[PDB]
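A deposited model with zoledronic acid.
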2 protein chains.
Amino acid sequence: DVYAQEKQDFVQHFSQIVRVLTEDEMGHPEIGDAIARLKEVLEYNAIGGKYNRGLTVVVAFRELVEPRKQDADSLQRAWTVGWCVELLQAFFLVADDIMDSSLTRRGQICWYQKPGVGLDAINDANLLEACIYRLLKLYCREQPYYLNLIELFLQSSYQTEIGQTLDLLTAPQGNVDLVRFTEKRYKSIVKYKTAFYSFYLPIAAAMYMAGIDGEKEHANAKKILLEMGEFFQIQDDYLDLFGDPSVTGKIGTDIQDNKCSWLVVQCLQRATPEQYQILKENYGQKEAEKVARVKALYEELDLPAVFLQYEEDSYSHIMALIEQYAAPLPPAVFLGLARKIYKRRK
Amino acid sequence: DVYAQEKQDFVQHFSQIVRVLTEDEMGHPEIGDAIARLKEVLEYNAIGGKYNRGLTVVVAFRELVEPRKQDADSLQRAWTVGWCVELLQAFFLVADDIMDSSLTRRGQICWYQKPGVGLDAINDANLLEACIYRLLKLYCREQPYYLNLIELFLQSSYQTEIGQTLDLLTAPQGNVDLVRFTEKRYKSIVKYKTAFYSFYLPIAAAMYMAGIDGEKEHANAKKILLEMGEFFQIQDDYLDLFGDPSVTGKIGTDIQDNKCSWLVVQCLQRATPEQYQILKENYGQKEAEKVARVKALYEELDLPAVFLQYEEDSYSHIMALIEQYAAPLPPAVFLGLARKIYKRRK
Ligand SMILES: O=P(O)(O)C(O)(Cn1ccnc1)P(=O)(O)O
Ligand SMILES: O=P(O)(O)C(O)(Cn1ccnc1)P(=O)(O)O
Ligand SMILES: C=C(C)CCOP(=O)(O)OP(=O)(O)O
Ligand SMILES: C=C(C)CCOP(=O)(O)OP(=O)(O)O
Ligand SMILES: [Mg+2]
Ligand SMILES: [Mg+2]
Ligand SMILES: [Mg+2]
Ligand SMILES: [Mg+2]
Ligand SMILES: [Mg+2]
Ligand SMILES: [Mg+2]
């Protein structure tokens with residue numbers, strides 16, 4: 001509901017984000033064509049998702065700053081930073097689609113597959129990351145939280161980068177190993193590859209902008225938000241295989257890529273010895289025939305129910321933690337976000 | 001000579017760079033395997049070049065700080081930052097080899113071609129970039145130039161990123177257009193893709209660490225160093241086609257990739273109408289037969305002499321600029337670097 005009413009404001013402010021990025025260097029008409037492609041890149045990769053992260057920065061701001069201080073300028077910084085988290089999303093997604101050999105994202109062909117693009121997407125992605133800090137300097141160079149934000153973004157990027165590495169080491173194409181698809185490994189992977197950038201980044205950005213920079217308060221908000229991250233990745237691993245691609249906006253690839261997905265981990269735990277061998281014979285291959293064999297053993301082990309039960313048990317634990325750790329922050333902050341991902345299908 | 005005596009110190013300090021990066025997160029043994037691959041990545045991509053940029057940071061430091069202040073700690077920051085510019089080099093090169101479809105770098109198979117690696121190099125490269133700011137915080141979090149350095153690196157990355165985009169837009173594989181291979185375009189491309197990160201970054205880092213942060217002094221050092229950048233790229237475009245790959249450490253690819261190389265631009269200027277058509281028919285194709293046809297028309301137009309004459313005329317203009325703009329800095333600073341790239345073959 002709150003993301004709903006703020007969504008439109010958020011998106012309309014994207015025109016300006018683009019204006020500022022594609023003009024601040026246009027007094028150098030030499031790099032104009034380059035700046036032109038940047039507009040194009042942003043428009044294609046920054047737009048089309050749910051904006052949960054960017055909205056979260058904005059929503060969390062309004063709930064942590066006394067309305068006497070939510071002035072005109074200060075409010076603008078909120079959605080610029082919200083759009084900065086949105087650009088981090090774009091950076092990492094463009095890269096990840098290349099690396100996961102994905103076909104669609106946000107219900108279009110992935111950037112790297114847009115004809116004319118391909119592996120130039122690599123440079124396009126770095127550019128997206130570069131813009132984060134262009135905006136940060138443009139709109140906050142003078143706030144006292146300016147250095148806190150630069151470091152929170154850098155730090156978060158590094159973290160998810162470690163995550164991605166963890167992700168990729170565990171899923172060697174051609175090296176089907178199920179032994180490594182454990183639980184400690186999964187929790188570690190999703191923590192670094194999703195949790196920090198998708199939940200602690202937005203809320204922490206809003207805290208630092210609202211003066212809330214105590215170490216314990218971030219430590220506590222993080223304790224909640226990292227647990228929401230893992231929930232959120234597990235939802236995503238599920239939808240990879242069990243969701244409608246016309247609705248997720250992306251065609252799933254986890255089983256083919258030999259990914260340490262939640263399912264394959266929960267599948268190993270319930271694996272009768274015969275089934276294990278079936279999993280060992282079909283996982284991590286591009287053959288449709290073999291992939292469906294996998295889906296089948298998932299459905300034979302009623303995992304699609306285990307996921308629904310985890311979802312409940314998990315959602316209540318998050319709740320418990322919001323009840324344990326939220327204060328002095330408004331529980332609205334964490335409830336609002338958590339309510340926006342419960343049962344989701346995209 | 002000065003890079004010579006400082007080289008070894010510089011390289012030996014790499015053991016510690018690696019120690020600090022692969023231990024500061026090892027109190028989290030979960031991401032240990034990831035941290036393991038980071039060691040591996042660094043060792044493969046940070047090591048093996050000439051270290052001109054990193055040495056430059058170090059050499060330029062010793063020449064701008066009164067020896068009374070070149071203490072133990074302060075000196076360590078110098079080569080850490082020198083190694084940070086070295087990591088930026090690695091970041092961009094790993095990416096560029098993928099995008100240029102290169103085969104070797106620094107006399108080994110490119111990272112992305114190391115079997116087991118491929119497009120995961122994309123994430124490995126981002127990690128390299130991430131380490132820059134890990135070190136920056138580890139060793140300078142408390143210097144007064146701390147924010148100046150973070151912004152100089154970010155800014156320089158963005159700049160070379162615009163450059164790379166400029167580079168790639170101009171060289172569409174399959175779209176052989178010679179009309180775009182002009183001079184204004186070339187100067188613009190090399191300025192952003194090489195000049196800022198390879199010459200202004202190192203020297204400016206050393207200036208900021210030595211307190212020299214006046215706007216005019218950086219503006220003047222930049223005026224010299226941007227002109228050295230263009231010289232240096234033109235040398236590189238030449239060696240691409242006319243240098244021994246066993247000595248450059250890399251197999252050239254400019255003609256195949258349809259690159260706006262210096263040669264092809266100087267070739268268009270001297271193109272009799274018949275030759276132009278020959279260029280139009282062979283440029284930007286992978287066929288060895290057609291590539292050599294190109295090399296031939298270059299040698300028919302004695303470009304390998306035009307490059308030697310540019311080299312002289314250019315080197316003297318740099319000299320003039322060191323004589324015009326160096327002060328209050330020691331001309332040694334700019335002479336030292338410029339003397340380390342004159343006539344180079346690798
Ligand atoms: O499942 P992935 O981790 O590859 C993914 O969730 C992206 N991602 C990457 C890090 N965190 C999330 P996507 O399904 O959107 O391709
Ligand atoms: O010639 P490129 O610009 O591709 C190169 O010089 C790398 N580079 C990229 C930007 N600046 C330099 P390399 O020959 O080393 O592949
Ligand atoms: C960590 C994950 C699952 C990456 C995609 O997340 P979202 O589905 O929330 O990304 P948007 O397309 O809405 O940006
Ligand atoms: C801009 C260019 C030419 C990239 C390679 O430069 P260097 O040849 O100086 O890189 P190193 O391998 O010595 O790092
Ligand atoms: Mg992925
Ligand atoms: Mg993916
Ligand atoms: Mg997924
Ligand atoms: Mg290149
Ligand atoms: Mg190259
Ligand atoms: Mg080159």
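Just so we're on the same page: letters track the sequence lines, and every chain starts at 1. Reckoned from all heavy atoms, side chains included, excluding hydrogens, waters and symmetry mates. Per the header of the entry, the method used was X-ray crystallography, 2.6 Å. Note that ligands are numbered from 1 as they come in the structure, with each ligand's atoms numbered from 1 the same way.
Location of zoledronic acid, all copies: ligands 1 and 2. Here the macromolecule with the greatest number of atom pairs within 4.5 Å of zoledronic acid (ligand 2) is listed in the PDB entry as Farnesyl Diphosphate Synthase. Under a 4.0 Å heavy-atom cut-off, the other chains found next to zoledronic acid (ligand 2) are B. Protein heavy atom nearest atom 16 (O) of zoledronic acid (ligand 2), with residue, atom name and distance: B:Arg105 NH2, 2.9 Å.
UniProt dimethylallyl diphosphate-binding residues of chain B with a heavy atom under 4.0 Å from zoledronic acid (ligand 2): B:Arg105, B:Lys193, B:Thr194, B:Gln233, B:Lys250. In the vicinity of B:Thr194, heavy-atom distances shorter than 4.0 Å reach the zoledronic acid (ligand 2) atoms 10 (C), 11 (N), 12 (C).
Per-residue contacts place B:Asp100 under 4.0 angstrom from the following atoms of zoledronic acid (ligand 2) (heavy atoms of the residue considered): 4 (O). For zoledronic acid (ligand 2), one of its N or O atoms has an N or O atom of B:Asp96 under 3.5 Å away. For zoledronic acid (ligand 2), the polar-atom distance check against B:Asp254 finds no nitrogen or oxygen pair separated by under 3.5 Å.
Within 4.0 Å of zoledronic acid (ligand 2), counting heavy atoms, one finds these UniProt Mg(2+)-binding residues of chain B: B:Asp96, B:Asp100. Between the choices B:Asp236, B:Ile251, B:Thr253, the shortest heavy-atom distance to atom 6 (O) of zoledronic acid (ligand 2) belongs to B:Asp236. Contacts of B:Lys259 with zoledronic acid (ligand 2), taken as heavy-atom pairs under 4.0 Å, are absent altogether.
Residue B:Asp167 has no N or O atom closer than 3.5 Å to an N or O atom of zoledronic acid (ligand 2). Between B:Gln164 and zoledronic acid (ligand 2), not a single N/O pair is under 3.5 Å apart. Within the structure, each other ligand or ion under 4.0 Å from zoledronic acid (ligand 2) is listed here: ligand 4 (3-methylbut-3-enyl trihydrogen diphosphate), ligand 8 (magnesium ion), ligand 9 (magnesium ion), ligand 10 (magnesium ion). The nearest protein atom to atom 3 (O) of zoledronic acid (ligand 2), hydrogens excluded, is given as B:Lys193 NZ, 2.8 Å; this is a heavy-atom distance. Defined by non-hydrogen atoms within 4.0 Å, the binding site of zoledronic acid (ligand 2) is B:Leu93, B:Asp96, B:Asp100, B:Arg105, B:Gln164, B:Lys193, B:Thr194, B:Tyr197, B:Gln233, B:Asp236, B:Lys250.
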